[PDB]
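These notes concern the structure reproduced below.
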Amino acid sequence: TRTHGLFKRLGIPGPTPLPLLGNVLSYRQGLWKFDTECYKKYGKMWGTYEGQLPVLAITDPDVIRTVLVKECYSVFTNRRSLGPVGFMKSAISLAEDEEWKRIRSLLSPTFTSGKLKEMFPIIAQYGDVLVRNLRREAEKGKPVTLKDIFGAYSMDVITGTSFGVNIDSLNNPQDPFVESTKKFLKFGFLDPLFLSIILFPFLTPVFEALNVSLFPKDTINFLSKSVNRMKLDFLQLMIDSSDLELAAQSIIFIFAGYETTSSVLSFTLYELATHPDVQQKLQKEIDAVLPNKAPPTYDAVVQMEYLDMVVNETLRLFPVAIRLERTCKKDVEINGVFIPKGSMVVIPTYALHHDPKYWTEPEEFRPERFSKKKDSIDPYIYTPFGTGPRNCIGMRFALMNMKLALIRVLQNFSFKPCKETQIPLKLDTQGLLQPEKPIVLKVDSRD
Ligand code: HEM
Ligand SMILES: CCC(=O)O[C@]1(C(=O)CCl)[C@@H](C)C[C@H]2[C@@H]3CCC4=CC(=O)C=C[C@]4(C)[C@@]3(F)[C@@H](O)C[C@@]21C
């Protein structure tokens, strides 16, 4: 209760904390659900405690633009106070202040639209693997469990592009890359370690000194073992430019991009199933641009307007990262409130994405929201990839992979519900947004 008066004192509303734990019990229902309930309850700003760590949640866009862009470098440079990660404290999402400022700089040339335009054929090759895989499953007439197919694609594309070559994960379950990377799936709140770290950060130096890491030590090595072993994609581009630092980044990319890409694709496809009119219209768009199942190309995949709007609206409904988190590296005035050092600020993307103030019929899937014809979207309400210098660096790359996959599958099949399709979709209560029950759809071919 050392800090459990901070918000009472500073005139900031919030749910009453419980000793030691904080409001953390409220997280078991899921953060997206907690973040919104508070939003509705407390308005523009509410405070909570993670054990002892205060947490300030801002919804006003200007305040957001302050935290995310204006004073990203003067104050809010780090995300969540670092945990027992050992040497992956070099990977870019985890580094802080200057160490990150460098690593960011030294990886930017890899994620420019130019290098992406370059990598395009190495990615689109993975769509042929994907189509066979989805035909196999649907040739039968058998409902398809999307997370198998598109989890597989997600990993194949990232593994191969990040380091190595095609694994065809679905048909090589015993591949040593497949079993080892599959272990990022259980990240966040689930592990006892994260809880003890969340509630008692002062143990973090301890676990480091005991070589106990949040990450699966069993796999971190095998990846590093395969990285140094190799020393067309991220690898060589990293090659041209420490050797531990290089080995981290390769792993974080797989981390930051494996499960997000996967959940978003099956989310997109779920919505196309339950709005067949949107599914035709995108099919029409695809067939006019690449007639007779033509091979995709970079400048096409980028200029497909509806397709962009379709991915974009899905990220409105399903911001897989739920919230954006920054740490005050110094005392700071955030919108007339005095916020001590170490504190965390939360920009509640999911809740802001579902606000009726900014989105007519917020629960409805309406790709038209993103018509370039309409008034541009506020980049601090819509924060699916972050904004500011700390945003998803692979943003352009992820949108490419998903669009590539979505095109290939939509050239060859449609998607519709069946008896086993959960409608409405329900979210799970842990980690990145995922469905309560896995998505299964009927996938008939167009011929
Ligand atoms: C649908 C796919 C993805 C989504 C929704 C997503 C979302 C996000 C978000 C919200 C952040 C943090 C933003 C912030 O702090 O405000 C982030 C960070 C990051 N993402 Fe992604 N991401 C995706 C895919 C990827 C992929 C494929 C990669 C790399 C190949 C990637 C690499 C990274 C990295 C390195 C960071 C941390 C960089 C930093 O802290 O400066 N992301 N991502
Ligand atoms: C998990 C793969 C990944 O790299 O995700 C992150 C990212 O930037 C790219 Cl998505 C990663 C560094 C840490 C991730 C957050 C930790 C706390 C956390 C616990 C949850 O239960 C739900 C969401 C977050 C709040 C989080 F998961 C997401 O925002 C995504 C973050 C920031």
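Throughout, numbering of the chain's residues begins at 1 and tracks the sequence. Counting starts at 1 for both ligands and their atoms, following the listed order. Atom set for the values below is all heavy atoms of this structure, side chains included, hydrogens, waters and symmetry mates excluded.
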Which drug molecule is found at ligand 2 in this structure? clobetasol propionate
Per UniProt, what is the name of the chain that shares the largest number of close contacts with clobetasol propionate (ligand 2)? Cytochrome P450 3A5
Source organism of chain A (PDB entry): Homo sapiens
If the model gives a covalent tether from clobetasol propionate (ligand 2) to a chain, what residue and atom sit at the other end? none
Taking a heavy-atom cut-off of 4.0 Å, which of the residues UniProt lists as heme-binding in chain A lie that close to clobetasol propionate (ligand 2)? none
Name the residues that contact clobetasol propionate (ligand 2) at heavy-atom distances below 4.0 Å. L31, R80, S93, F187, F189, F255, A256, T260, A321, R323, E325, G431, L432
